[PDB]
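Chain letters run A, B, ... following the sequence lines, proteins first and then strands; every chain starts at 1. Both ligands and their constituent atoms are indexed starting at 1 by order of listing. The structure has been trimmed to a portion of the entry, and contacts are counted only among what remains. Quick note: numbers below take in every heavy atom, side chains included, and nothing from hydrogens, waters or symmetry partners.
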Amino acid sequence: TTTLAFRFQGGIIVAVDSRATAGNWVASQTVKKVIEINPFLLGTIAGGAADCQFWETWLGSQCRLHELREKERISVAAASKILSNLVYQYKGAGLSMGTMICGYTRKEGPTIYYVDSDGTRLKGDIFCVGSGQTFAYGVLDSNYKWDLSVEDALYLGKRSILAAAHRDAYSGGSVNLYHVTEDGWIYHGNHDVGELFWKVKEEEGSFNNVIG
Amino acid sequence: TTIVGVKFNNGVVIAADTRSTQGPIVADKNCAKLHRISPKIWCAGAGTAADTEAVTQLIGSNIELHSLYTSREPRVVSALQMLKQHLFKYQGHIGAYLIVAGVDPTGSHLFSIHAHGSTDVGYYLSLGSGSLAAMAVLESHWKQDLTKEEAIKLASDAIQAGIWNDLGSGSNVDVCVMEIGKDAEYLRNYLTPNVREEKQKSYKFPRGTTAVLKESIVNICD
Amino acid sequence: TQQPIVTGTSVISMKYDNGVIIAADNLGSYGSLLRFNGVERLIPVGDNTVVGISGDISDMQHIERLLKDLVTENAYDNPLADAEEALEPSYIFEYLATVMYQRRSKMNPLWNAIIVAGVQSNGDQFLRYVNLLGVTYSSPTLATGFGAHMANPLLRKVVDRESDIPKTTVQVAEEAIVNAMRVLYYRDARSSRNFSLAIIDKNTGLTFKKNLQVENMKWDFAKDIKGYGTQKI
Amino acid sequence: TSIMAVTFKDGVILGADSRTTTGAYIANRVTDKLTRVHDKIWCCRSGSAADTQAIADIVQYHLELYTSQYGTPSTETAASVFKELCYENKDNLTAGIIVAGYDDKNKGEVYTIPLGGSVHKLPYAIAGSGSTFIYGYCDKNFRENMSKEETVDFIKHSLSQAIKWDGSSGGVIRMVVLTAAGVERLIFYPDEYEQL
Amino acid sequence: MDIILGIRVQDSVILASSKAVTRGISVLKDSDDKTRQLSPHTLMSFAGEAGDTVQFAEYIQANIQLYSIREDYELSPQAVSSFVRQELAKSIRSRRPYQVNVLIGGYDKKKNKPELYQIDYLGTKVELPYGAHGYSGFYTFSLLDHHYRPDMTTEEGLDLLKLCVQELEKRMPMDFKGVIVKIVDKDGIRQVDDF
Amino acid sequence: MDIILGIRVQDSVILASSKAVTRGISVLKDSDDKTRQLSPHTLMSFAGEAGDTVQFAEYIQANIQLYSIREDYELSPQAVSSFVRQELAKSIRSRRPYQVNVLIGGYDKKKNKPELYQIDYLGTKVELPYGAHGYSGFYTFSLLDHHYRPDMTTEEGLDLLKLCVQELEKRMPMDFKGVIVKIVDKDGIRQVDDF
Amino acid sequence: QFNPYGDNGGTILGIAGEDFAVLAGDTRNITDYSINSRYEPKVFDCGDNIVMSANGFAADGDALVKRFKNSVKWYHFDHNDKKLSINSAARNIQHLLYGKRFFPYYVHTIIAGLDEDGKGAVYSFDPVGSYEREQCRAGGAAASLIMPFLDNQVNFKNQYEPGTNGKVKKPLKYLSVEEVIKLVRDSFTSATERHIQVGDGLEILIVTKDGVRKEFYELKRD
Amino acid sequence: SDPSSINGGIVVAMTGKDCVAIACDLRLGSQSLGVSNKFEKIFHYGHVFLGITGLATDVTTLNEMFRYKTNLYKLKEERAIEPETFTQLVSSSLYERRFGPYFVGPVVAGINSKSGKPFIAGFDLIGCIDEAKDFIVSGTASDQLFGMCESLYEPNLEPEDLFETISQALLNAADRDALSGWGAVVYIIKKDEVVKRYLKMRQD
Amino acid sequence: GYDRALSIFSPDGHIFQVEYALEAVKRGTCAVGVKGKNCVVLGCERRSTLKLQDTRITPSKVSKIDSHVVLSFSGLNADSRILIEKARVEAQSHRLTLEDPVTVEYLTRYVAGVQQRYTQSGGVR
Ligand SMILES: *[C@@](C)(CO)[C@](*)(O)[C@H](CC(C)C)NC(=O)[C@H](Cc1ccccc1)NC(=O)[C@H](CC(C)C)NC(=O)[C@H](CCc1ccccc1)NC(=O)CN1CCOCC1
Ligand SMILES: *[C@@](C)(CO)[C@](*)(O)[C@H](CC(C)C)NC(=O)[C@H](Cc1ccccc1)NC(=O)[C@H](CC(C)C)NC(=O)[C@H](CCc1ccccc1)NC(=O)CN1CCOCC1
Ligand SMILES: *[C@@](C)(CO)[C@](*)(O)[C@H](CC(C)C)NC(=O)[C@H](Cc1ccccc1)NC(=O)[C@H](CC(C)C)NC(=O)[C@H](CCc1ccccc1)NC(=O)CN1CCOCC1
Ligand SMILES: [Cl-]
Ligand SMILES: [Mg+2]
Ligand SMILES: [Mg+2]
């Protein structure tokens, strides 16, 4: 996997690949690695497929029960901590989960929380998670500014996944984009790397290592 | 693999399947496991494919040089002795399991050799992953004083038992008959009971389906 | 986690036109030591089922007791215990298959391979296999251990598929089983000459044959075999 | 394996089963474990088939070369050559060999050579996996200066029990008689010896 | 030994190599030059097992310098890289192999072209527009995929290189104490003193 | 989690804790606050196994805050440190122990004295004038043995602390991305924003 | 030491059409190099127009199918005979599989049927419960052989429109039940040729709004 | 630490009507890291073509070794080596290193200049010859290639049609393997002309 | 364990034990709550039959549950301690998991839930 999400002037960008592997066997190219918890909360998944999917699907149920009981949408902090406290109970049992809880609330504003299976929980502006996280970091960090436009931010997130999809053997398939604003998350389409790479190469003039 | 050997009235017959595996994958569906050591001494091989081929060629080469040196037709016991001493020296690391048979001035012979260098004598023998399926048939149907046509039938039946019941064996049946006073006849693909059925569809693509980036003429000449 | 101690070898079986045949030798091996020679490894349940068991004998004796207890339990408050509500081969099998899998799932398996041979109430032949892993499968011929490697090939020459079952008589089928038992005596180092054979027919019922012996063996050719290559004497 | 050699009035008799195994599978049910290293010096082979054959082949070569130079070797000499191979290559060999031969001066002699490579001269010797089950029987029934018929019966009854209890032993009972008269091969089939 | 980078541009090859030498929980030196000049227009940076690296580099350097004297002629970067690969290809099946990864940057005077070769300890050679060994590649390759252009100048290459070092200094766990940068072109080899 | 230091001076306790959070070959965060306020005049820094550290710190924080509400009274640093030690002393013989090392800096309002306690994951407590956990101690202890005086001011303590961080930045293999410094005195806890 | 798992081999295949869906699987059951059965079905009708197969370790496969069949039964009892939708069944199966996260069912599971819009549906599961709806999926021993062929022939991957300079892709379209069965049969005959654990017979279950139909075809028995 | 799957890569060869085709991917990586997208795995010595998958250092070493041996062959024999003869040479050379082998999966392809017969062959790492009428496969996606070739292939294909079949076999197999892809090359070989085509494939 | 159902319904549809618990509250000292525009004030009565008291150490009538919530009561004094303790623990538990202090409604809902549980649990009054 490769997944990222960064915070900026116009909210939060979230971008992920869609590959799933069993060793060197490419099992799937169409996996959905953004879990839609509610209209204001997103969750990225990386690591063990079943672990991530099962427990973030479970997280959505816990968040639903919160707003039924409290008559109010759960905070991004509280949501992330439910998940982190869950995986901490299973610490040592061998769960493999690298997740990022992204969302907006009134009291917090746009917020991103990194959570992993060995119990680490971190608030932050930029995070890249997965086997190809380093490849995404390289492109993202070197082009990141707080004052990016919504248009430029969406592209940088897309381009960072594309970079990782190219170099990392265990990442690829397609890019799924999301934009989180004060009004909630907005889906910005599925982008197959098969067409996106050549489109980016020609227009941008990058990827000169590859035989054109 | 499945390989067998059966003695009869005036000679000996050996047989083998034609499957070659690479893990659970069938690499070759029609490989030849019957090897010629000398004109009238042939060898069926099971185990490590490269080793059975290599060890049989080496001994076959030295048998030829020996035959020229001594001005005599080579003997099966010479091939047997040279093989077992070679295999023993390498302590089983050369994974060749062989059924050695043939005719020579002494008569007709049938032996087996294992990777560690032990040899056995018999009227009927079987080696390889499907040796138990083959040996079951041999034990059920073998008798003393077999004819040529009976021995070929018994041998090919023993290989068939391996083909059907052992996953390590399959495809076709190779046979070699070595009769006294006659030329040895190598019957490549003696039986072919595993023919691929007609495919339901042709997958011939329309020309231009594959996307191309560059073309160029390659220079093979000087 | 176990290791098997006193063990029983191959159990072989096949279907024929009117019923099923099953056989197993009377040996209880203790490693390479052929320790016990009076061991019955075919156990009838009612007059329509025979359970053939290989592997650990202590676990076999446990299974005997379970089957014995199953007959008792079925008879309770059951006026039709010897008629419509009698134990079927399929009932007996599924019970064992449930136990075998439950035990493997608790990492404490019954170290056996079992073949339940019988005839159902509607006349259909029943023949199904189950082992220490809870793995189950059915086939016109079934065999355990060395039987799977040597018997099945021979028995499949008689009944290679479903359509060959009506064409196979009890005479032909028994002959193939007795032949298979001889081959196993030749080639299985933990086998014995003495064995038991059971026929469950839809017409003639259960015929249980004890104290059989492997006979008509070929050993004469051994005298002609000298040395291991050269040797002439 | 089950193997034995027994001295008696007229000479010595070697005896063996005919089973070769790969795990629990019987690779050969008609094996000949009694093998000739010289005219009237033979050996019983137990342990690795590959090792014992390799060894026996070398000993036969040595004794043939001995005979060309110094004439017929003694049974003791043959056992010494077996020992030298088994002892010096003890780390790489699995061979339990019994050496038996007939001299005219020394009559019948039996030397046994276990795994270690040590030599032991005995009136009779037993070896192989199935020998464990007949120590009691053979000790109680063996007598010195037996007749040919008595010694054949002693070996037949002994190997019959060894075969009966040892799964690694079976098939036919081969025997080889070594006397002044010459070399005689004997064979005994299951139908005879099993019901003893 | 950790970070070694290489970038081939229009008219030169630029090699950046980390200055830190660490053993245990101590940085023993922060001014280490992880490179040797094989010939006037060929430079080899190196990284790997302690001791092996310098021993191998100097052994190669000695052999190339011997060739230069014997023939009164400078070997091409392609020829040097092939010699180096063969040495490592022998090494890997030795009793104790050289655990050394290298980059060979050179300027071919006959072709008038810069050339960058990346060779690992197994003897795996590849000619590249940009290269890296160790964990460095996991950041720099994707970064260069984006920003690199084949027709760049040396000054543009140095800015592109600064961008790599900045990213490594931000995301790498270990402190590698900056880099020594060297440029290989038609005029030979020279070191950038202020980086 | 790596570097946590502590220096008790005349009238205060100063805790310095590294900002880096690393997993694998990536620094995930460079602004991490490795401390929790247990009470208005007691601060606990922590370092160790991922997940365990924060889980343990917050669990202690919750318990001390519960005590404060129940009794309407602040526990002494000595009492807090003894409670923490016992928790770790239980932990070590559990099915899965907390692998967390802590420093507890506090100002005792009854004694009018600063106090620094160093407790490891085994539950080994010691009161010290200066303390450190992990590899940090191998540099800082000898440095403080030399430069530390018991009658120093808070400003002198911060200069003494700068001297430690400089040495660590020079000789430590890993980049720990600087430290967050906090001061505990009679007026409570406050953070030095510019360090 | 006791190993609670085993490999019973075999391979399975699911393909979805516009108003139908197929779930195929060979009938061979094996352990190591022995054949256990030439006809042991592992594709099952579970009710509510849902077909299911759990290929891998047969004991776990049978246990899972048995439990899901039972889950369907109790779904009817607890919710007024309501039809279990394919999407609901999939989620239910995830909880069955993940329920044994720390002692898994060693199986690749595939279910097939029709979604609530009446369109063909195929879902696939890993051993611990991660699932995904797809037009296409092969599972089991020969999945690596069959799957890329399906990508090419079902989803038209790497196929471009002739003469468009590799710029226009081959347009996606649903396949007829006749065309799908051709691809299934060719996939299995190809897999039988090159994989030793695949053969004997092929059993296809086709699911339409009318019900569940079956089709059987012979495969090579070597 | 499995030599055969560190660098990754694939080679496939097919026969047609009076022609052969051999094709390979372009990836060279170090496990997950993709390093080079120009690493060709097919070489040629005269009219005989050799493809090599496996450990890249050995791919390079063996190419240089067979160039060495075929050059001496040509000087002494005064003719180009034929595919049948070259196949034997490869087998000899590999088995020479029986107990310390090159970690490779070579594939010979070419047309015999005397008889005009199309010829292909494969080997294991210790030199066992795998001759075939239809096709030979090799590399980290060999399973995938076996599946594609066995279904897509048919005998007596024309060069233009054969190109489409082998190209689709390679591409769809490479897309199901993480360590293969990153570009591809296809050689179409006729009796006295050879066309080399670079394929457009997904770059992930 | 003591299982007896002490709180049960009577023919007229009343739970007498709950109603007799109200009588205990009616016996207790008066407590008053008044909320203004920007504040809340909790007034409490203390009976003056007890002289020679030590007002420093005597348990105060108003208790802090957290730094922002307070709880006063009327009725059995010993019973009130159990509710206050449970509420104080839940207040810290909420801060730990939700990373935010309890609302006054939530804390009330919790305390009320505890009181309810004791009206249909066996063995308790
Ligand atoms: C990038 C793409 C790769 O790391 C991402 O990190 C993705 C995350 C996405 C899918 C959410 N990770 C994976 O794809 C993940 C890698 C992985 C594998 C194993 C453990 C941890 C991480 N892959 C999986 O989870 C696959 C997904 C399937 C193929 C759709 N599942 C498996 O590999 C399963 C379950 C593994 C498992 C985990 C925990 C306990 C038991 C099992 N295993 C198999 O399918 C085994 N199999 C048998 C023979 O066929 C080959 C595969
Ligand atoms: C029956 C069919 C047994 O299944 C027969 O015994 C035949 C004998 C015939 C071919 C003469 N045996 C095989 O087919 C034999 C089975 C086997 C496999 C592995 C070890 C021993 C026996 N198969 C082979 O020898 C193949 C021949 C190929 C298909 C041309 N070779 C391999 O499978 C090699 C094994 C090489 C080897 C080296 C050192 C010691 C033992 C064996 N394996 C590979 O090439 C696998 N791998 C591919 C990726 O690259 C690295 C190696
Ligand atoms: C009785 C049977 C036992 O003492 C006799 O002593 C005979 C002696 C006669 C034959 C001269 N011994 C054997 O039959 C002997 C038993 C044995 C087995 C293993 C080590 C030492 C002794 N059997 C063999 O030597 C067979 C003969 C073959 C089938 C022709 N060889 C094997 O079983 C080989 C031997 C490999 C070996 C291992 C250690 C030292 C020397 C050689 N083993 C295998 O092939 C392994 N086999 C693979 C299949 O799974 C089961 C094990
Ligand atoms: Cl022997
Ligand atoms: Mg990739
Ligand atoms: Mg077969």
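- Among all chains, the one with more heavy-atom contacts to ligand 2 than any other is, according to UniProt, Proteasome subunit beta type-2.
- The drug seen at ligand 2 is recorded under the name carfilzomib (bound form).
- By chain letter, the other chains having a heavy atom closer than 4.0 Å to carfilzomib (bound form, ligand 2) are B, H.
- The list of other ligands and ions under 4.0 Å from carfilzomib (bound form, ligand 2) is empty.
- The entry lists chain H as Proteasome subunit beta type-3.
- The active-site residue of chain B per UniProt that lies nearest to carfilzomib (bound form, ligand 2), with minimum heavy-atom distance rounded to 1 Å, is B:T1, 1 Å.
- Covalent partner of carfilzomib (bound form, ligand 2): B:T1 OG1.
- With the cut-off at 4.0 Å and only heavy atoms counted, the binding site of carfilzomib (bound form, ligand 2) comes to B:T1, B:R19, B:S20, B:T21, B:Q22, B:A27, B:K33, B:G45, B:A46, B:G47, B:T48, B:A49, B:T52, B:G168, H:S4, H:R98, H:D124, H:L125, H:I126, H:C128.
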